[PDB]
*Asks:* 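I'd like to talk through a structure of atropine bound to Phospholipase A2 VRV-PL-VIIIa.
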Amino acid sequence: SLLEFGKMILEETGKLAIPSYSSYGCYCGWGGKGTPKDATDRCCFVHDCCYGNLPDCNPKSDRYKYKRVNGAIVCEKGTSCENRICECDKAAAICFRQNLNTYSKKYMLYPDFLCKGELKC
Ligand SMILES: CN1[C@@H]2CC[C@H]1C[C@H](OC(=O)[C@H](CO)c1ccccc1)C2
């Protein structure tokens, strides 16, 4: 679920999902179009594609379970949708962590008109 993803993001990065990642660049928090602005935005692009691989799943609301094995995220078995959603979220949280070194506040609340063009998954 979105709330679980937000908790995972905070655990991983030390940043609150809202507002650090809810309106960032062209793909974080609201998706759509444009060339991703930087590595963090590319994490969101891929996360959006990942959810897009699951047409008949409901990532915003469906809850999954996971544990930590030392720092590693381990998705625990639930329904097939839950397992796949968890793997999408885990990857995005790791990606955000890997790209904190280039996170830029200038991309928070990024305006929609600066995001044009389709980028295929
Ligand atoms: C799980 N749902 C999909 C359709 C709305 C959502 C979120 C999707 O893509 C996103 O993760 C983005 C954030 O990057 C998002 C946009 C708008 C609302 C919630 C999430 C796929």
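Residue numbering in chain A adheres to the PDB entry, whereby the residues present occupy positions 1-14, 16-56, 59, 61, 67-86, 88-122, 124-131, 133 in order. The basis for the numbers below is simple: all heavy atoms, side chains too, and nothing from hydrogens, waters or symmetry mates. Order of appearance sets the numbers: ligands from 1, and atoms from 1 within every ligand.
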*Asks:* Which residues make up the contact shell of atropine at 4.0 Å, heavy atoms only?
*Replies:* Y28, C29, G30, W31, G32, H48, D49, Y52, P68, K69
*Asks:* So if I count the atoms of atropine from 1 in the order they appear, which ones are less than 4.0 Å from some heavy atom of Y52?
*Replies:* 1 (C), 7 (C), 8 (C), 11 (O), 21 (C)
*Asks:* What is the closest protein heavy atom to atom 10 (C) of atropine, and at what distance does it sit?
*Replies:* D49 OD1, 2.7 Å
*Asks:* Would you mind checking which non-hydrogen protein atom is closest to atom 5 (C) of atropine, with the distance to 0.1 Å?
*Replies:* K69 CE, 3.1 Å
*Asks:* Using a plain distance cutoff, I'd like to know if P68 has any nitrogen or oxygen under 3.5 Å from a nitrogen or oxygen of atropine.
*Replies:* no
*Asks:* Name the closest protein heavy atom to atom 13 (C) of atropine, giving the residue it belongs to and the distance to 0.1 Å.
*Replies:* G30 N, 3.0 Å
*Asks:* Any atoms of atropine less than 4.0 Å from a non-hydrogen atom of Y28? List them with their elements.
*Replies:* 13 (C), 14 (O)
*Asks:* Give the atoms of atropine, by number and element, whose distance to some non-hydrogen atom of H48 is under 4.0 Å.
*Replies:* 11 (O)
*Asks:* For chain A, which residue flagged by UniProt as active site has the shortest heavy-atom distance to atropine, and what is that distance to 1 Å?
*Replies:* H48, 3 Å
*Asks:* Filter the UniProt Ca(2+)-binding residues of chain A to those with a heavy atom under 4.0 Å from atropine, and list them.
*Replies:* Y28, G30, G32, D49
